[PDB]
Student: 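Here you can see Taxol bound to Tubulin beta-2B chain.
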Amino acid sequence: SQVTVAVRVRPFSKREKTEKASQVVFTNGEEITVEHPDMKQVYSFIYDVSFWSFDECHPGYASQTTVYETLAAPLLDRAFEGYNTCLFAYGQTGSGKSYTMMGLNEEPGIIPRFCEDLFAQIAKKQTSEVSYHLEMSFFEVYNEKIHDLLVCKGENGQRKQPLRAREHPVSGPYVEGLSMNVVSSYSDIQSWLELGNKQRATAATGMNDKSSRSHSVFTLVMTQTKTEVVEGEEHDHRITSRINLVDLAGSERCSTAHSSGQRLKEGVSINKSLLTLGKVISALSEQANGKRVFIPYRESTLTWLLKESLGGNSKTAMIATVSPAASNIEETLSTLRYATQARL
Amino acid sequence: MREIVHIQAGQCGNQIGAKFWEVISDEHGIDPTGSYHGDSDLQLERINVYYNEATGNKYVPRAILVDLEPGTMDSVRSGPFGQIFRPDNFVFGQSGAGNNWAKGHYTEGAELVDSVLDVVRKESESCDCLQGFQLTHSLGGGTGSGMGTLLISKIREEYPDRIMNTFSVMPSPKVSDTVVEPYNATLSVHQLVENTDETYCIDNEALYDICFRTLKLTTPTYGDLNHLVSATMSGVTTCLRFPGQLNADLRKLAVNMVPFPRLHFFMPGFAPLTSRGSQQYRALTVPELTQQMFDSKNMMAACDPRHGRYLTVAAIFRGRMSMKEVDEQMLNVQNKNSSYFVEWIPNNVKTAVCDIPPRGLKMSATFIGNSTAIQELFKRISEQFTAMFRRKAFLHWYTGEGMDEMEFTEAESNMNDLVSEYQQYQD
Amino acid sequence: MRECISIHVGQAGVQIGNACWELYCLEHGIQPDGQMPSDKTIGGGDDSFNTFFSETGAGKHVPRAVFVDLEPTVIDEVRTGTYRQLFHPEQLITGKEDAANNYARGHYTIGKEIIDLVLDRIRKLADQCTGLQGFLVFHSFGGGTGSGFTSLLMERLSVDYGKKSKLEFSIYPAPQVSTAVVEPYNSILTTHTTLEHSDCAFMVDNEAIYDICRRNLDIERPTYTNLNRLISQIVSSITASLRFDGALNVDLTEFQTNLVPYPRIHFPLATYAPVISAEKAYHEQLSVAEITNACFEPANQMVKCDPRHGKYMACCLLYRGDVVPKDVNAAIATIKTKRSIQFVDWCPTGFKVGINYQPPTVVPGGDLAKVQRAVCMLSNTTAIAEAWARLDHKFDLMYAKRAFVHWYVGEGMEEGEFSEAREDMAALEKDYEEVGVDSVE
Ligand SMILES: CC(=O)O[C@H]1C(=O)[C@@]2(C)[C@H]([C@H](OC(=O)c3ccccc3)[C@]3(O)C[C@H](OC(=O)[C@H](O)[C@@H](NC(=O)c4ccccc4)c4ccccc4)C(C)=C1C3(C)C)[C@]1(OC(C)=O)CO[C@@H]1C[C@@H]2O
Ligand SMILES: Nc1nc2c(ncn2[C@@H]2O[C@H](COP(=O)(O)OP(=O)(O)OP(=O)(O)O)[C@@H](O)[C@H]2O)c(=O)[nH]1
Ligand SMILES: Nc1nc2c(ncn2[C@@H]2O[C@H](COP(=O)(O)OP(=O)(O)O)[C@@H](O)[C@H]2O)c(=O)[nH]1
Ligand SMILES: Nc1ncnc2c1ncn2[C@@H]1O[C@H](COP(=O)(O)OP(=O)(O)O)[C@@H](O)[C@H]1O
Ligand SMILES: [Mg+2]
């Protein structure tokens, strides 16, 4: 039960290239400094992993292959071992999060590499005796209420059913009424994810207008039928593995952003949720050292749905996208301090 | 102005509220005909917190009554202080709960909760600014557990921003006036901790012991017991009605006394309390009251705090007194008895003072405490529950009314997780 | 021609105001109805001085202040009390709901819906003023109103007005004594924002005045009325040169000019040395020497902070009554001869002096005695860093378990505004250290 926290600094965009915006964050190997332009002082942050993607020729540059091969493939092999995995993702609008997990049509992220390497290893490991079968799911959390995204809504005030979570004693928590759909190639995943992210809830306070106001979990349950009892050869014990990949929303200060009504609730819940997650992550990094603590999964929905993917003999990974400009100096600080507390 | 809506369910809630109003009216100068016959003018400045106005200087309380057998509402009507209530708020039905949490939550409670919310919306929309709700119900039973928790679930959706307390009468270890106490209490805790802000766990063993040892009474009936719960209820909302040197309200206490949201079950207490004979030999001062408050033979929780640690404590005083005495005494408590207070909260205490004491006393005090020892009050039920649930003793009266076994294991695991949460801060 | 607008936030603010304005009404002869018999007796004078009290054509005098609490229980004692005919009925009784001892609720959620009225009334008051110099705010750390609404109001005022003094008499939390678990968080979040706006932020501590009462005045069971009167005496000693005629006048542009070396270290301490009763009012000479020696005496300070654990950067001494500068020169030389009182190596002067002729007034139903002379001292030290560190340790104990945070983020706050304030307050503690270092060649 070890959780790894990482960071990836994005390189300058064309706009902030032209405006000659100032660089505030620098790298010394595994330490990352943030320097207020020259104002008074600088803060220094340390993480288990650090990806300096600011310009191409720096040593320690982090191509997408490096991000996958360092963060994800351990999740793959630990899943084939038979255990479960949870990958997180945090970053405010304009940090390089969509480029990271999904990517572009010529610059892959984490998800396509994950699925493609998965099906390749399956189809080469598939035998006359062994077999495999995968099933997906994709849902969201909005104001501590669950919603499924694979459904094609009609026309209504809202075709968003607030499903309820339950606690089966053996398997643990689950969602009542969750659409689970089979998969054997990655295109079948794209066909669902495009629809889902089209059905994801988004809103505009005054900033970038298409900003997510909800959490989104993409889960894959994978089965191993390796086991054939030679006494009669009809099926026996069987392994199952859960792989959760969750895209979160931003902290969002509610004062600088003079918000009202539904734009406040949407933000309050997200703040609460992230805090709960923080405590969990912290406690697990305090749990590996060998102490006695309590992991409060029940103070949030996202944690209660994922009690079994984090705790126990499972793996967890967190990556935090940050922008190096000077305009976005408060947001980056928030992100880095969040991930630091996730480290300790 | 702030405004409380007082819901009350079951025999316990009816019989507690009928005394609570009997006291608030005395404090504010109201008579059982609704009329005002007081002396002081501060009794009317903030009468909008509990009462509403009417034509001939009448004052009708904002009380809602949600039983399911008329046998008790008739006793309130056919009583001393029954006429002041609004007859359109005496909600009731028939086909009683049979002391079953199922009937009061799914079958014979869903058929009536709408008629209750119809009154709640009337009495809430008619307010300048509501602060929150209140409730008085008994776990272990039926109606008060089921319909109460259902109304909580339905009020927390409409009014999430506002406050929702519950003066809950928890079961007792030794005595048991009902045989299905555990199964109902567990399912009520499963629906309270997610949907409450500050509840006050009460146990009748503690009140019998208070009535026997301290007040030195030989024939304590439930009227003499609820006479204490009324006092606590009144003390919580004193600084919301009367002035003070350092005022307070419900939200202040809920902020100071709830470090984490799942931990809002409090042990209450009231001081002074003396036998009629022994009132000539006691000095009415702050330290005597503090001694009586932090003693374990006055808390209503039926739970020894010395077996745990005080996460947070609140003291609401009433009378012309000093602000040095309170601070000094509370610091002395934090320092001497440090083993009963956490260390990652340096000051585990707070204070409120009102300048207006009760009708017959020169000083009064009220005590609220969040203590880890409360796990004993649930660790017991989880023994009674599972022993009965290991082989499904009285369960066919619950399934047959539209339930399933998973709904029991849910509540069991939640209650146990709460135990483990309060144990984290014990050693 | 010499005006100062007072602002009162919270229970602490309003009660300090009910003391201060009683005092000011007594000094100037104003009755609680706002009238004056003296000006109709002889026909002259400006005893009801235009620094604090306005005037209209009916010989009435209204104060230049405004109250606000976000809770109606307090102001409704003023509206329904002995001083009801004095205040303009525009007192903010916005008693929908209180802050619940939460900075987040007195900054964004409930802190709006009031603030615009406050700004309107302050403009209405300033437009009635000619030569305004000051905005004396009285608030209290620990509370939600005094922590949040004060910060927001000062944010707005540093834009609307700008090159105007904005002082602050706050109730700083005690090291042991306190009336809430959430005192630290609110304090550390207030000092982070009320450091770039304010110009001089005085500070007191109720533990110190409690110690003063049972050792100077001989009161073993005091109450807040016995403390806010001393605070009113402080403010009167501060705001007397604008009212009464004296030798060495000292306005508000001089306190901020001779006690703030650098713009971040403007947190001084106060003392009012004669706190004796009418019995001990006799048996004692009460000369300038005794008093000035009492100001630098621990156990007579108003913040629990031993200055011998630090150094003095500057100190202003404002005297009242029968005083001659010869005695002040003597006493300053005496204090500079001593060795327990360390002054920095970059301030040999280290002394501003102010003298006035009007002695203090005696409030009936009071505790203090009549005296022919009185004194206030305001002193900047490097020692008050100790209290900041004490509070920061409590912060760092609770914020690690992430206790009491969900009540804040449930009211419009993220988790980063905390760590932005503990790292902003962990630099001022370093500044007060750097200033304490003797220079080197
Ligand atoms: C002169 C004197 O002190 O006599 C007391 C008295 O003997 C004592 C014992 C009173 C008495 O209380 C009881 O008799 C009692 C009996 C059973 C269970 C609980 C109490 C008293 O009735 C209580 C009564 O005080 C009050 O009534 C309070 O205002 C109380 N009033 C009511 O509850 C009330 C009930 C029904 C109708 C109208 C008012 C109250 C307490 C808290 C908040 C609001 C009101 C007074 C002076 C006394 C007597 C009369 C003996 C005490 O009452 C309280 C709650 O403080 C019980 O111990 C205290 C201390 C008093 O000394
Ligand atoms: N010296 C002095 N301190 C006071 C007085 N009243 C309150 N305080 C202090 O102020 C602290 C908290 O402030 P509050 O009394 O809650 O007033 P507030 O700032 O408006 O807080 P809220 O009412 O909740 O918004 C208390 O802990 C007291 O220590 C007073 O009259 N005199
Ligand atoms: N304190 C108090 N407890 C009561 C009273 N009447 C019943 N009880 C308790 O309530 C429990 C049974 O609850 P019940 O009255 O059946 O609630 P209901 O199911 O809603 O009617 C028992 O454990 C009793 O001890 C009362 O008047 N006062
Ligand atoms: N490692 C990288 N190399 C080059 N460009 C990047 C990298 N990471 C992010 N970017 C740029 O940053 C932008 C991120 O925009 P967007 O996808 O809206 O971020 P987010 O998904 O966090 O809102 C992309 O246009 C992309 O070109
Ligand atoms: Mg207040």
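One letter per chain, A onward, in the order of the sequence lines. The residue numbers of chain A are those assigned by the PDB entry, with the residues present covering 392-735 sequentially. Chain B is numbered as in the PDB entry; the shown residues are, in order, 1-427. Chain C residue numbers are taken from the PDB entry; in order, the displayed residues are 1-441. Counting convention: from 1, in listed order, for ligands and their atoms alike. This entry, so its header tells us, was determined using electron microscopy, 2.8 Å.
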Student: Could you help me spot every copy of Taxol here?
Tutor: ligand 1
Student: Return the other chains, by letter, having a non-hydrogen atom closer than 4.0 Å to Taxol (ligand 1).
Tutor: B
Student: Any idea which protein heavy atom is nearest atom 18 (C) of Taxol (ligand 1), and the distance to it?
Tutor: B/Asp224 O, 3.2 Å
Student: Is the shortest distance from atom 5 (C) of Taxol (ligand 1) to a protein heavy atom below 4.0 Å?
Tutor: no
Student: In the protein, what heavy atom is nearest to atom 22 (O) of Taxol (ligand 1), and what distance, to one decimal place, separates them?
Tutor: B/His227 NE2, 4.7 Å
Student: Tell me which protein heavy atom sits closest to atom 55 (C) of Taxol (ligand 1), plus the residue, atom name and distance to 0.1 Å.
Tutor: B/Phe270 CE2, 3.5 Å
Student: Going by a strict under-4.0 Å cutoff (protein heavy atoms only), does atom 50 (C) of Taxol (ligand 1) have a neighbour on the protein?
Tutor: no
Student: Is at least one protein non-hydrogen atom found at under 4.0 angstrom from atom 14 (O) of Taxol (ligand 1)?
Tutor: no
Student: Around atom 36 (C) of Taxol (ligand 1), find the nearest protein heavy atom and jot down its residue, atom name and distance.
Tutor: B/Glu22 CG, 4.2 Å
Student: Kindly confirm or rule out an N or O of B/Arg276 lying under 3.5 angstrom from an N or O of Taxol (ligand 1).
Tutor: no
Student: Can you pull out the closest protein heavy atom to atom 62 (O) of Taxol (ligand 1)? Residue, atom name and distance to 0.1 Å, please.
Tutor: B/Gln279 CG, 3.6 Å
Student: Is atom 27 (O) of Taxol (ligand 1) in close reach of the protein, with a heavy atom under 4.0 Å away?
Tutor: no
Student: Give me the pairs of N or O atoms, one from Taxol (ligand 1) and one from the protein, that sit under 3.5 Å apart.
Tutor:
unit_1	atom_1	unit_2	atom_2	d
Taxol (ligand 1)	29 (O)	B/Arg359	N	3.3
Taxol (ligand 1)	33 (O)	B/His227	NE2	3.4
Taxol (ligand 1)	58 (O)	B/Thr274	N	3.3

